[PDB]
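Quick look: darunavir on HIV-1 protease.
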Protein chains: 2
Amino acid sequence: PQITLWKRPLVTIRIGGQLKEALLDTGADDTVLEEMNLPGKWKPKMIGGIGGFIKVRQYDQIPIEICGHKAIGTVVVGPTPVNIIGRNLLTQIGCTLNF
Amino acid sequence: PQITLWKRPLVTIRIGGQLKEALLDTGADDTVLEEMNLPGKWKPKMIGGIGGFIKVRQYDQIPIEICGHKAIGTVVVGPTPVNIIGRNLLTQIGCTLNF
Ligand SMILES: CC(C)CN(C[C@@H](O)[C@H](Cc1ccccc1)NC(=O)O[C@H]1CO[C@H]2OCC[C@H]21)S(=O)(=O)c1ccc(N)cc1
């Protein structure tokens, strides 16, 4: 598909029994999800942007479906205001910027 | 061009005869630049990112050439981790996400 940027590039993703809306975000190195109690091992991390840093939990090898495209990789979980699909998964679903 | 996402989508911009590197950021509504001088009137504003809110100076109708494509729009200047080109200007240069 092609997604214009007139509005926020929000798409439906699936992470377990949770369908959520997430931003396809070329400005994000990694995928950041709103607080959710995922199973499995994690590692503590801090990620920073405008306004400063937040504390997140990093989970590895998490399957996520993005617009019906399968992905699997690292996701961090914490008090973000929006779900963010970062480059680590955007590459997996074959996403490019074009102008 | 077509830009893949295995690396950060950093491009050269021209703003006031000055070349800067900036991040093409589909998750950003607004274009946010690091501390710099720009001519003309500005308005104090606040914007929120992943870590909280910051104060910025808002400049309207500023020309920027982004990777060889002309835009003229709102730029805000403040403490951002990196120069970001947001959707307000990405739309002007005809940028879309494709997968
Ligand atoms: C600032 C970037 C270098 C990095 N950010 C991604 C960015 O797209 C965020 C993504 C984002 C989006 C909404 C809320 C918080 C963060 N956008 C953002 O801060 O945009 C601001 C400028 O325009 C405004 O519109 C949206 C918020 C404002 S980030 O969210 O802080 C971020 C940082 C690190 C990782 N790993 C993942 C994401």
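A, B, C, ... go to the sequence lines in the order they are written. Numbering of chain A is taken from the PDB entry, so the residues present carry the numbers 1-99, in order. In chain B, numbers come from the PDB entry; the residues present are 1-99, in order. Start at 1 and go down the list; that is how both ligands and their atoms are numbered. Worth knowing before you read on, the calculation uses all heavy atoms, side chains too, and leaves out hydrogens, waters and symmetry mates.
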Original post:
Are any other chains within heavy-atom reach of darunavir (ligand 1) at under 4.0 Å, and if so which?
Top reply: A, B
Original post:
darunavir (ligand 1) versus A:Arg8, non-hydrogen atoms closer than 4.0 Å: side chain, backbone, both, neither?
Top reply: side chain
**OP:** Select one of side chain, backbone, both or neither to describe which atoms of B:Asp30 lie under 4.0 Å from any atom of darunavir (ligand 1), heavy atoms only.
**Re:** both
Original post:
Do any N/O atoms on A:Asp25 end up under 3.5 angstrom from N/O atoms on darunavir (ligand 1)?
Top reply: yes
Original post:
Which darunavir (ligand 1) atoms are under 4.0 Å away from a heavy-atom of A:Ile84?
Top reply: 10 (C), 30 (O)
Original post:
When only distance counts, is B:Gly27 in polar contact with darunavir (ligand 1), meaning an N/O pair under 3.5 Å?
Top reply: yes
**OP:** Pull out every atom of darunavir (ligand 1) sitting under 4.0 Å from any heavy atom of A:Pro81, numbered as shown with elements.
**Re:** 14 (C), 15 (C)
**OP:** Could you list which atoms of darunavir (ligand 1) come closer than 4.0 Å to a heavy atom of A:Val32?
**Re:** 37 (C)
**OP:** With heavy atoms under 4.0 Å as the rule, classify the contact between A:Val82 and darunavir (ligand 1) as side chain, backbone, both or neither.
**Re:** side chain
**OP:** With atom 34 (C) of darunavir (ligand 1) as the reference point, say which of A:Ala28, A:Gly48, A:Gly49 has the nearest heavy atom.
**Re:** A:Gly48
Original post:
Which residues does the binding site of darunavir (ligand 1) contain at 4.0 Å, with heavy atoms considered?
Top reply: A:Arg8, A:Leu23, A:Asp25, A:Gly27, A:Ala28, A:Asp30, A:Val32, A:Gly48, A:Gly49, A:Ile50, A:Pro81, A:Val82, A:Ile84, B:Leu23, B:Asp25, B:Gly27, B:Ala28, B:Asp29, B:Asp30, B:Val32, B:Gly48, B:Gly49, B:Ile50, B:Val82
